[PDB]
Peer 1: 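Structure uploaded - diminazene bound to Cationic trypsin.
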Amino acid sequence: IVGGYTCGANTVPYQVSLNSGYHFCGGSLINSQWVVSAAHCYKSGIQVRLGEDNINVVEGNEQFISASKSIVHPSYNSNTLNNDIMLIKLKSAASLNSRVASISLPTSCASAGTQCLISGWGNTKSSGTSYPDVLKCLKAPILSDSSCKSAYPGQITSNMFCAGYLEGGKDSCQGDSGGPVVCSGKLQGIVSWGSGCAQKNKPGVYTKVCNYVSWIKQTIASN
Ligand SMILES: N=C(N)c1ccc(/N=N\Nc2ccc(C(=N)N)cc2)cc1
Ligand SMILES: [Ca+2]
């Protein structure tokens with residue numbers, strides 16, 4: 001997260017870190033045994049780390065649970081990032097508590113202007129690189145689809161939405177991928193892609209979770 005702030009320990013209790021020996025993506029706990037992340041976060045050997053604040057220090061609220069199954073969206077296209085969503089089932093149910101909590105799926109879609117919380121352990125610099133140890137947060141509005149498609153001509157699909165600030169300075173970034181965009185208590189977005197980070201007129205692009213609620217629910221129910 002570039003231009004964000006320190007969330008505060010466990011203030012984003014659905015935020016998970018995907019760990020393959022190191023944090024490589026965020027995700028969101030959607031129930032005790034399921035995380036949603038970006039399909040582009042797919043890899044083998046995922047350990048889901050819940051209750052994390054400082055990802056480099058065991059602070060006492062963590063649960064580390066191995067993925068038992070990853071399910072990349074059937075239509076995920078890695079070239080375009082269309083359908084950049086993946087479900088990860090945990091080998092065992094997370095113990096739910098104030099610091100490890102699921103985030104509600106939308107029952108529809110959010111609108112341009114809705115303020116969302118985007119969070120992650122991604123890069124905090126727009127030029128160069130600095131990785132935070134503690135979870136960073138960003139309040140950002142959903143941008144109109146038109147501004148989104150204007151910022152990224154030919155690349156924005158109906159499964160993507162932009163959020164953030166056309167002026168630059170405030171954005172998600174590498175390392176935030178797969179993590180949540182939560183608007184009005186619902187996971188509306190997954191950190192998906194962008195051009196650089198926090199650059200003028202290059203807002204974050206997020207997987208439009210509301211398009212996937214049927215698939216998420218059906219997939220979870222069947223798995
Ligand atoms: N500007 C954003 N909102 C945003 C920008 C980039 C982003 N990147 N995610 N992942 C990502 C993963 C790997 C590389 C790499 N091969 N070096 C670069 C980026 C995730 C979000
Ligand atoms: Ca920790």
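Residues take their numbers from the sequence shown, with the count starting at 1. Going by what the header records, the deposited coordinates were determined by X-ray crystallography, 1.7 Å. These numbers come from the heavy atoms of this one structure, side chains and all, not from hydrogens, waters or symmetry mates. In each ligand, atom 1 is the first atom listed, and ligand 1 is the first ligand listed.
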Peer 1: Do you know where to find diminazene in this model, all copies counted?
Peer 2: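 All copies together: ligand 1.
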Peer 1: Please list the residues near diminazene, using 4.0 Å as the heavy-atom limit.
Peer 2: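 Residues with a heavy atom in range: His40, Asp171, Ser172, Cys173, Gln174, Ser177, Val191, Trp193, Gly194, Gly196, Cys197, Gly204.
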Peer 1: Are any of the N/O atoms in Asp171 less than 3.5 Å from those in diminazene?
Peer 2: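 In this structure, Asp171 places an N or O atom under 3.5 Å from an N or O of diminazene.
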Peer 1: What is the organism of chain A, as given by the entry?
Peer 2: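 According to the entry, Bos taurus.
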Peer 1: To which UniProt domain do the majority of residues of chain A contacting diminazene belong?
Peer 2: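 Most of them lie in the UniProt domain Peptidase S1.
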Peer 1: Name the UniProt substrate-binding residues of chain A with any heavy atom within 4.0 Å of diminazene.
Peer 2: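 Of the UniProt substrate binders, heavy-atom contact within 4.0 Å holds for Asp171, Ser172, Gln174, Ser177.
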Peer 1: Write out the residue and atom name of the closest protein heavy atom to atom 4 (C) of diminazene, then the distance separating them to 0.1 Å.
Peer 2: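 In this structure, atom 4 (C) of diminazene has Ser172 O, 3.6 Å as its nearest protein heavy atom.
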Peer 1: Find the residue among the UniProt active-site annotations of chain A nearest to diminazene; state the heavy-atom distance to the nearest 1 Å.
Peer 2: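 The nearest UniProt active-site residue, by heavy atoms, is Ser177, 3 Å.
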Peer 1: For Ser195 and diminazene, does the shortest N/O to N/O distance drop below 3.5 Å?
Peer 2: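 No: no nitrogen or oxygen of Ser195 is under 3.5 Å from one in diminazene.
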Peer 1: Under 3.5 Å between some N or O of diminazene and some N or O of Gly196?
Peer 2: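 Yes; the residue has a nitrogen or oxygen that sits under 3.5 Å from a nitrogen or oxygen of the ligand.
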Peer 1: Can you confirm, on distance only, whether diminazene has an N/O atom lying under 3.5 Å from any N/O atom belonging to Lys202?
Peer 2: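 Checking diminazene against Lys202, no N or O pair falls under 3.5 Å apart.
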Peer 1: Indicate whether atom 9 (N) of diminazene is within a distance of less than 4.0 angstrom of some protein heavy atom.
Peer 2: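 Answer yes: something from the protein, a heavy atom, is under 4.0 Å.
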Peer 1: Which residue and non-hydrogen atom of the protein lie closest to atom 14 (C) of diminazene, and at what distance in Å?
Peer 2: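 Here the closest protein heavy atom is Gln174 NE2, 3.4 Å.
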Peer 1: Give the UniProt-annotated Ca(2+)-binding residues in chain A that lie under 4.0 Å from diminazene by heavy-atom distance.
Peer 2: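 UniProt-annotated residues with a heavy atom under 4.0 Å: none.
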Peer 1: Diminazene: which protein N/O atoms lie under 3.5 Å from its N/O atoms?
Peer 2:
{"from": "diminazene", "atom 1": "1 (N)", "to": "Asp171", "atom 2": "OD2", "distance (Å)": "2.9"}
{"from": "diminazene", "atom 1": "1 (N)", "to": "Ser172", "atom 2": "O", "distance (Å)": "3.2"}
{"from": "diminazene", "atom 1": "1 (N)", "to": "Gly196", "atom 2": "O", "distance (Å)": "2.8"}
{"from": "diminazene", "atom 1": "3 (N)", "to": "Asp171", "atom 2": "OD1", "distance (Å)": "2.8"}
{"from": "diminazene", "atom 1": "3 (N)", "to": "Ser172", "atom 2": "O", "distance (Å)": "3.1"}
{"from": "diminazene", "atom 1": "3 (N)", "to": "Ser172", "atom 2": "OG", "distance (Å)": "2.7"}
{"from": "diminazene", "atom 1": "9 (N)", "to": "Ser177", "atom 2": "OG", "distance (Å)": "2.6"}
{"from": "diminazene", "atom 1": "10 (N)", "to": "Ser177", "atom 2": "OG", "distance (Å)": "3.0"}

